[PDB]
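Below: one structure, written as structure tokens.
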Amino acid sequence: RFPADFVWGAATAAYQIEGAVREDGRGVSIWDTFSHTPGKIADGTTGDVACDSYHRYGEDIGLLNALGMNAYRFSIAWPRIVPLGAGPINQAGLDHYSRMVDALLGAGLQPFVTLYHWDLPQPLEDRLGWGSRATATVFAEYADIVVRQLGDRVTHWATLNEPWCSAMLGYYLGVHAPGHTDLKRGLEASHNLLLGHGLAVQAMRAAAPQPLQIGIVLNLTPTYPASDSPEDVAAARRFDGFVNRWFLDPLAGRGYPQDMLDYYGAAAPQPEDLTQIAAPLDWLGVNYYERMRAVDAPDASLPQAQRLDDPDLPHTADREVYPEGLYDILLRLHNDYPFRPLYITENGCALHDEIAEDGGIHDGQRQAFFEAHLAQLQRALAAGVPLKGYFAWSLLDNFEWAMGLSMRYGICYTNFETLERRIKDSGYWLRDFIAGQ
Ligand SMILES: OC[C@H]1CNC[C@@H](O)[C@@H]1O
Ligand code: NA
């Protein structure tokens, strides 16, 4: 059993589900630009329509209610709120989210709002985006405006989702928007994301009409050397630094990890910033999908660490399944780092889901995925980890970034042609598991 007041939710992000990309004054985001660039998305799709949740968030609410959830993690689209990124507000964007928040509260669903889930306004990108310190400042101003208007009703806020992705996939590996490919630009982006976050936490506390519970959401990948050789151990530490400690340590008031500063060398970004980054948080969100079993790869791009596949583990449509990594990473946070309480702000999986002849979606491996990770959460809780909720990624099938509409993570199936949603078997399992609490 979980605590009686445990938060039980599902998660989405605005660009992945909303559609209506030009409606009601919305500006252009980097993902509008990126998905409309030939060859950036695997299947030729965009977020232009997606799940049409701009218009259909009522149906999404109906799903959450049918699942017996008590919370919904979703993001606010910065391009709807300040269409030019730096500039005037768009009250019609704020009013949309206001109505949505009221609909959620009316349904008994607590909103866990993400300010930034990757949809940087394009005019900011045109001035270097996360490569520019001014972007941090104006992110903080956006955070101020949203909290002034919604913070009477929404207490739980996350500044960023997965700054590692925004910086390293967006500016270093080039697979996410805006599609840059330079290490130094990636690392500069990571700094300005973190500064942005810190400036926003301060801004939000000053703007808020009541005390808030502010967090950040990080993807964390527990890393394990494939052997105990100095080479493989070092590769594990480098990957662990590249993904996890690079963000955890400055958030914790510890500066950037020195081993990584040494390794990155001249690519590393340029005390006062560090203080701001460490603005005290009320909680930390963990997004957990996979481990990294690392071998040294001296000829690879930094961090010169490659995955050693294990064919004996299960795999989904896109990842290796390793539930025990969730326990490991939570125990580490609890014992080694100062953030508390913690929320699992995402966990879930992608499969080749189809509507069967009976009308159901028989996604047994996703059911087994939830059951296995929830069992690891019970262990973590038994160890004293201060965990206060769990959000399944995703409420519904959606626009999965560079993989487009083709990679389905929902607990609900989305027919992208009709926009009809249907609960999958794993969604019914969650329903009935949550009810039994
Ligand atoms: O790839 C699965 C998910 C990982 N976390 C961020 C989400 O936007 C994404 O869909
Ligand atoms: Na498989």
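For reference, positions follow the sequence shown, starting with 1. Whatever order the structure lists ligands and atoms in, that order sets their numbers, starting from 1. Just so you know, these numbers use all the heavy atoms, side chains as well, and skip hydrogens, waters and symmetry mates.
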What is the name of the drug located at ligand 1?
afegostat
What does the PDB entry call the chain that holds afegostat with the greatest number of close contacts?
beta-glucosidase
Site residues for afegostat, heavy atoms < 4.0 Å:
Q16, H117, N161, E162, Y289, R319, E346, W393, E400, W401, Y409
Which afegostat atoms are under 4.0 Å away from a heavy-atom of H117?
6 (C), 7 (C), 8 (O)
Using distance alone, decide if afegostat has a nitrogen or oxygen within less than 3.5 Å of any nitrogen or oxygen in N398.
no
Using a strict 4.0 Å cut-off to heavy atoms of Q16, name the atoms of afegostat that fall inside it.
7 (C), 8 (O), 10 (O)
Using a 4.0 Å cutoff against the non-hydrogen atoms of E400, which atoms of afegostat qualify?
1 (O), 2 (C), 9 (C), 10 (O)
Interfacing atoms of afegostat (cut-off 4.0 Å, heavy-atom, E346):
3 (C), 4 (C), 5 (N), 6 (C), 7 (C)
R319: numbered afegostat atoms lying under 4.0 Å from its heavy atoms
1 (O), 2 (C)
Within a distance under 4.0 Å of any heavy atom of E162, pick out the atoms of afegostat and give their elements.
4 (C), 5 (N), 6 (C)
Considering non-hydrogen atoms of the protein only, which is the closest contact for atom 3 (C) of afegostat, and what is the distance?
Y289 OH, 3.5 Å
Is there a nitrogen or oxygen of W393 sitting under 3.5 Å from a nitrogen or oxygen of afegostat?
yes
Out of curiosity, what organism is attached to chain A in the PDB?
metagenomes
